[PDB]
Amino acid sequence: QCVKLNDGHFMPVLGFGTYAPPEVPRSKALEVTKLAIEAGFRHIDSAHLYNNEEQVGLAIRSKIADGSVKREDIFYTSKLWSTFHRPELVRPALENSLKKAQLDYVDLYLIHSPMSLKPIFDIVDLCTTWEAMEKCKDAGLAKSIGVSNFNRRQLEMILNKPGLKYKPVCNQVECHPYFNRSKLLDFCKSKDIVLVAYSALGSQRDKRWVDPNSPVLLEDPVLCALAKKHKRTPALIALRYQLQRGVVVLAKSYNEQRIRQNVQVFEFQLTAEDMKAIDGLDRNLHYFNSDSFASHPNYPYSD
Ligand SMILES: NC(=O)c1ccc[n+]([C@@H]2O[C@H](COP(=O)([O-])OP(=O)(O)OC[C@H]3O[C@@H](n4cnc5c(N)ncnc54)[C@H](OP(=O)(O)O)[C@@H]3O)[C@@H](O)[C@H]2O)c1
Ligand SMILES: Cc1cc(CC(=O)O)n(C)c1C(=O)c1ccc(Cl)cc1
């Protein structure tokens, strides 16, 4: 199903994650995006950064051309990268993403992160970046606009901007049973802003920014117990948890069997006791943890 966003558009509650590290051929994105749409995914998450918008857009166009879906059936997200925060760079970055994907509009365009980089850190008033995003919604380049990796103070900055025209529809953030963001989630619900969870299955544990000593979420013994109780899988428990707390959840997989498994999240539900057990795993663990950004002036986990 879908959640109604605060601008009246609708976002499917399960999303497909398209990021894969540079060792995976670019052409894999094309193949797995078509498999995702075949399995039932209708929300597809990409970004300028992922260097795959050509392949992702071609997958969506291929599934439109063969009659599987209409354009208005797909919710496609792209993201403005942090070297493009200066307001004059926002609409060109979005137009470039549209040309790569060969689409007329995105369903969602996000500020990918608040940590501005030189167009080496940069200092940019993100209120002015937001005004440029608003202009892209008014032009019809993006049906909806949102933010990603913002903390509550950063979100309030936008919500409190003089002459704000559109609130963010969402804040896409790292969110899973080790780092469940309840307080931020509550703040988002109080403003009718959707929290969208990434690394909901514990991240890809990329060696460039994730500590290999960190616990592997899908080997968690409480998730394994719940998967055995429901005869499902640790991944499906982790996804289902987000749906039941009102969080829209992404899931990346480049494996045909796991892509088809992940749509089963709609097939079962967890009890209040199961959900309390998963809530008991919260331990302030974000898998992103690198000197590369941890001392950025707008690092969101500084709090
Ligand atoms: N806004 C941002 O800054 C940001 C940051 C990070 C991620 N994201 C978005 O969120 C998406 C997902 O987050 P993520 O990349 O961190 O990965 P994720 O969804 O947490 O997935 C982690 C690993 O789970 C595996 N997996 C998937 N389904 C499974 C299943 N049913 N059973 C066992 N393992 C399974 C996948 O491996 P296999 O491929 O081998 O199946 C994947 O590499 C990204 O692709 C991107 O679209 C956004
Ligand atoms: C973690 C991560 C994973 C990816 C790839 C993706 O979007 O799939 N991105 C771009 C990041 C960030 O830039 C990021 C850096 C620091 C912080 Cl605090 C939050 C996000």
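Residues displayed in chain A correspond, in order, to the PDB entry positions 6-124, 138-321. Numbering of ligands and ligand atoms starts at 1, following listing order.
The compound at ligand 2 is the drug or drug candidate zomepirac.
In the deposited model, most contacts to zomepirac involve the chain that UniProt calls Aldo-keto reductase family 1 member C3. The residues lying within 4.0 Å of zomepirac, counted on heavy atoms, are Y24, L54, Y55, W86, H117, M120, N167, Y216, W227, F306, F311, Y317, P318, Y319. Ligand-side atoms of zomepirac in range of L54: 10 (C), range being under 4.0 angstrom from any heavy atom. Distance check on atom 6 (C) of zomepirac: some protein heavy atom falls below the 4.0 Å cut-off. Those atoms of zomepirac with a heavy atom of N167 less than 4.0 angstrom away are 19 (C), 20 (C). Near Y216, meaning under 4.0 Å from one of its heavy atoms, zomepirac places the atoms 19 (C), 20 (C).
Which parts of zomepirac touch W86 is read off a 4.0 Å heavy-atom cut-off, strictly below it: atoms 10 (C), 13 (O). Within less than 4.0 Å of zomepirac, the structure shows other ligands or ions, namely ligand 1 (NADP nicotinamide-adenine-dinucleotide phosphate). Near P318, with a cut-off below 4.0 Å to any heavy atom, the atoms of zomepirac are 18 (Cl). Taking the UniProt NADP(+)-binding residues of chain A and keeping those with a non-hydrogen atom under 4.0 Å from zomepirac leaves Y24, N167, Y216.
Near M120, meaning under 4.0 Å from one of its heavy atoms, zomepirac places the atoms 16 (C), 17 (C), 18 (Cl). Distance from atom 18 (Cl) of zomepirac to its nearest protein heavy atom, with residue and atom name: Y319 CE1, 3.3 Å.
Restricting to residues UniProt lists as binding substrate in chain A, the heavy-atom distances under 4.0 Å from zomepirac involve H117.
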Short N or O separations between zomepirac and the protein, below 3.5 Å:
| from | atom 1 | to | atom 2 | distance (Å) |
| --- | --- | --- | --- | --- |
| zomepirac | 7 (O) | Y55 | OH | 2.5 |
| zomepirac | 7 (O) | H117 | NE2 | 3.0 |
| zomepirac | 8 (O) | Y55 | OH | 3.2 |

